[PDB]
K.L.:
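Please see the structure below; I have some questions.
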Amino acid sequence: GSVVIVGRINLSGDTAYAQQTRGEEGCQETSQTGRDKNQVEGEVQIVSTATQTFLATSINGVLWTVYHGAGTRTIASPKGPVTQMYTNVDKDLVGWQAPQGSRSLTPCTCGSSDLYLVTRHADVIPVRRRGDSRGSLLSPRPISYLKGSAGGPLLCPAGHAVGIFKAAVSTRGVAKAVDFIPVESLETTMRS
Ligand SMILES: CC[C@@H]1C[C@]1(NC(=O)[C@@H]1C[C@@H]2CN1C(=O)[C@H](C(C)(C)C)NC(=O)OCC(C)(C)CCCCc1cccc3c1CN(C3)C(=O)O2)C(=O)NS(=O)(=O)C1CC1
Ligand SMILES: [Zn+2]
């Protein structure tokens, strides 16, 4: 089965919003065939397999997401199923060549420690960077609130890509910190 784009998180306006482009029946069918003729736009896609739904984010012309969501699956596209360009299970990372029509987030060079995590419901959650791949949640959210947002972007105050959300440190169902694949690690994967 292919990963299928079923919506987007629009970030170009004053407030973020989620848009649905495909339902359950459409997603199941598109997954089997791997032929998706829908127009792609924006930076953050909402994606699904048959069993899970999550996010994918374009950075440096590659559409990235989490391995624990996508496995080694192809992504459905206009020309049929497209094989993964990158697969790094140790980083919980996969990527495909960004679909035609998509736009990529610019890598952050600010070195800012105030970050912003975008969820699949288009919430923008402030995150304080605490290391290479960690940020603490200033204001926590329960785990159920963040569920399905893996593969989404962490952004800097200027709206650059800082990383890809992959996991949350859960304490009794509440997330106090988030873990992410930094953009620099994405670049390293693209290099060597
Ligand atoms: C709920 C919002 C979370 C973002 C999110 N991710 C998850 O739910 C991932 C999936 C799974 C568990 N997990 C966790 O976040 C767990 C948790 C909360 C369940 C308790 N936390 C944790 O382990 O902290 C420990 C920590 C050290 C921070 C992990 C670092 C990563 C270590 C690591 C390295 C290499 C490979 C792999 C891992 C972990 N890995 C494979 C893997 O499969 O993890 C999600 O929403 N997923 S989703 O619903 O969209 C799903 C459909 C895609
Ligand atoms: Zn920046």
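Just so you know, residue 1 is the first one in the sequence shown, and it goes up from there. The way this entry was determined, per its header, is X-ray crystallography, 2.3 Å. Note that ligands are numbered from 1 as they come in the structure, with each ligand's atoms numbered from 1 the same way. Worth knowing before you read on, the calculation uses all heavy atoms, side chains too, and leaves out hydrogens, waters and symmetry mates.
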K.L.:
Which one of vinorelbine, mezigdomide, vaniprevir was assigned to ligand 1?
P.N.:
vaniprevir
K.L.:
Looking at atom 3 (C) of vaniprevir, what's its closest protein heavy atom, distance included?
P.N.:
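Going atom by atom, the protein heavy atom closest to atom 3 (C) of vaniprevir ends up being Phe165 CZ, 3.9 Å.
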K.L.:
Which vaniprevir atoms, with their elements, are less than 4.0 angstrom from a heavy-atom of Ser149?
P.N.:
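Per the distance check, 46 (O), 50 (O).
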K.L.:
Name the closest protein heavy atom to atom 17 (C) of vaniprevir, giving the residue it belongs to and the distance to 0.1 Å.
P.N.:
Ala168 O, 3.9 Å
K.L.:
Just to be sure I read this right, does vaniprevir sit under 4.0 Å from the backbone of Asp90, its side chain, both, or neither, counting only heavy atoms?
P.N.:
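The part of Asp90 near vaniprevir is the backbone, not the side chain.
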K.L.:
Could you tell me the residue and atom name of the protein heavy atom closest to atom 14 (C) of vaniprevir, and the distance to it rounded to 0.1 Å?
P.N.:
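Result for atom 14 (C) of vaniprevir: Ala167 CB, 3.9 Å.
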K.L.:
Should you measure from each heavy atom of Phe54, which atoms of vaniprevir turn up under 4.0 Å away?
P.N.:
50 (O), 52 (C), 53 (C)
K.L.:
Got a sec? I need the residue and atom in covalent bond with vaniprevir, or none if there isn't one.
P.N.:
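As deposited, no covalent bond from vaniprevir reaches a chain.
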K.L.:
Considering heavy atoms of the protein only, find what lies nearest to atom 6 (N) of vaniprevir and give residue, atom and distance to 0.1 Å.
P.N.:
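Heavy-atom neighbour on the protein nearest atom 6 (N) of vaniprevir: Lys166 O, 3.0 Å.
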K.L.:
In vaniprevir, which numbered atoms sit nearer than 4.0 Å to a non-hydrogen atom of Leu146?
P.N.:
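Counting atoms of vaniprevir from 1, those under 4.0 Å from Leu146 are 2 (C), 46 (O).
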K.L.:
Which residues in other chains are near vaniprevir, meaning a non-hydrogen atom under 4.0 Å away?
P.N.:
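Counting heavy atoms, the site comprises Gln52, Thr53, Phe54, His68, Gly69, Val89, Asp90, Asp92, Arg134, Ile143, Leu146, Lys147, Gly148, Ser149, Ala150, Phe165, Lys166, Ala167, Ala168, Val169, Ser170, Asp179.
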K.L.:
Are there any protein N or O atoms under 3.5 Å from the N or O atoms of vaniprevir? List them with distances, or say none.
P.N.:
from: vaniprevir; atom 1: 6 (N); to: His68; atom 2: NE2; distance (Å): 3.4
from: vaniprevir; atom 1: 6 (N); to: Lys166; atom 2: O; distance (Å): 3.0
from: vaniprevir; atom 1: 15 (O); to: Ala168; atom 2: N; distance (Å): 3.0
from: vaniprevir; atom 1: 21 (N); to: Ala168; atom 2: O; distance (Å): 2.8
from: vaniprevir; atom 1: 24 (O); to: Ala168; atom 2: O; distance (Å): 3.3
from: vaniprevir; atom 1: 46 (O); to: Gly148; atom 2: N; distance (Å): 3.0
from: vaniprevir; atom 1: 47 (N); to: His68; atom 2: NE2; distance (Å): 3.1
from: vaniprevir; atom 1: 49 (O); to: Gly148; atom 2: N; distance (Å): 3.0
from: vaniprevir; atom 1: 50 (O); to: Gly148; atom 2: N; distance (Å): 3.4
from: vaniprevir; atom 1: 50 (O); to: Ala150; atom 2: N; distance (Å): 3.4

